Trainee: 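Here is a structure with clotrimazole.
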Amino acid sequence: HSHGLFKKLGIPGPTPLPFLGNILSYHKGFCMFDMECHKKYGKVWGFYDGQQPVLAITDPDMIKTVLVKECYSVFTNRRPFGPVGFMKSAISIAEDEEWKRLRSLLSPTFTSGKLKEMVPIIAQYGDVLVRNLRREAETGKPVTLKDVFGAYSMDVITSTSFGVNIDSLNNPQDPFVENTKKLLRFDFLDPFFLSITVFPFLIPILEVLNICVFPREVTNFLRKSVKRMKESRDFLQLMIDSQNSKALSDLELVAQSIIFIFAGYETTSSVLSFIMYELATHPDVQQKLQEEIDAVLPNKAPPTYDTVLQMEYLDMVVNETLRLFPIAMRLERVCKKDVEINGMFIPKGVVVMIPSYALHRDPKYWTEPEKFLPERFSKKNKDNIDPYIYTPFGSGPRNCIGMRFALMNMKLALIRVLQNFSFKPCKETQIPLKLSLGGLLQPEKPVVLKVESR
Ligand code: HEM
Ligand SMILES: Clc1ccccc1C(c1ccccc1)(c1ccccc1)n1ccnc1
């Protein structure tokens, strides 16, 4: 509404400009902005994404109330996105009862057991990753990990979310890979998304203008790939089985499968790149992990679902990387009605934000927060960690529904990569690594390392 909201409410924060709000402070990035507001304004602060008031919180008792306790009542949705079109039936886009329906219809799909049946599919794609990484190893040149890791995550998310085993997509150009690489190029963030927050009044203009985020041609191609696969009779196989049992629509099923591709693409690759950078800069950790990988899996044994859940240091290396690098950076909930959370009034429409990046590097909960130290997640130090400060996958009923799949997908990759390759930085390697100023938290310069046969 007005810019005097947090002023009248007595909530500290940066002074906004008349129409821009606090967007000019974003030239440093979402992460550096949140940490600056944390050190300056203390626990709770407020800013304006143009005209939208945003209230940031830090108290874990208050974060739990927003994410867990009062989720279904008030903080059920996130800030409405831009021109969604038919993707309104996406679980990340859906709101209120429509989302609660889609969340339940897809909840049995991401279960331990249903994920256990997908591991033989994901592991087979780790083999293609090992062969393609050894290819750039023979050239004796520093490997750009974004290519190999970006290919693996794309190959896994496509076969799991569409059944089609596209196998090597580093070079082959299946009509699926053609439309997939085209559709996965429709999310450059900066186009519209940033300016949408300044002018949310332009969102309804673009929706009626028939201009959508994903080109309908690729969408039409994705529909045939579902119908032709449906005409033949693993994410699509589990949602089709849900159809044969408020039911689940066929158009809705397409939108949900598209979300899984966007969700698990740059996220899985970035983390896999963030991890290998830390394994290279801290080779004492990489060696200790390879010893555990070879102990649980001798002679480059295949990674089993149960063995991955037994490798403990692998779990510690992934968790410590996700602390230093929360890909989402923030969690956001829209206040649906005037409420008082743990002794603070939040009016209707205000977006409540949790600076995950700032909390993951807050010196109160962490010691030497900037140094990569996997032992923070040891068995002796696993209990004193607040699950509402460390939220790389969010929390509450609206958390990352693809968390178990993502961690398994990435751990299966690291096994076959570490049990066959060693990683050391080159001259082009960025020390210290710089973070991207975009909206996904990526390595500023792509991770450039060297690989060995071992
Ligand atoms: C390791 C990589 C990943 C990270 C760090 C991650 C992190 C997150 C976070 C922080 C959220 C928001 C939680 C909240 O709002 O409280 C989220 C939401 C979501 N993630 Fe992920 N995610 C990852 C991979 C995936 C994958 C592979 C999938 C698909 C299987 C996926 C599907 C989703 C969906 C559908 C939502 C929205 C849930 C809803 O709106 O109800 N994510 N993710
Ligand atoms: Cl789930 C999703 C779908 C499409 C695009 C982005 C996301 C999302 C994300 C990830 C990193 C940076 C911004 C958004 C996302 C996060 C929070 C709320 C909505 C979407 N995501 C992908 C995997 N897990 C979460």
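Heads up, chain A uses the PDB entry numbers, so what you see runs 28-260, 270-281, 288-496. Counting convention: from 1, in listed order, for ligands and their atoms alike. Method reported for this entry: X-ray crystallography, 2.9 Å.
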Trainee: Across the whole structure, where does one find clotrimazole?
Mentor: ligand 2
Trainee: Please provide the name that UniProt uses for the chief contact partner of clotrimazole.
Mentor: Cytochrome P450 3A4
Trainee: Which residues form the binding site of clotrimazole (heavy atoms under 4.0 Å)?
Mentor: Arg105, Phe304, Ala305, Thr309, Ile369
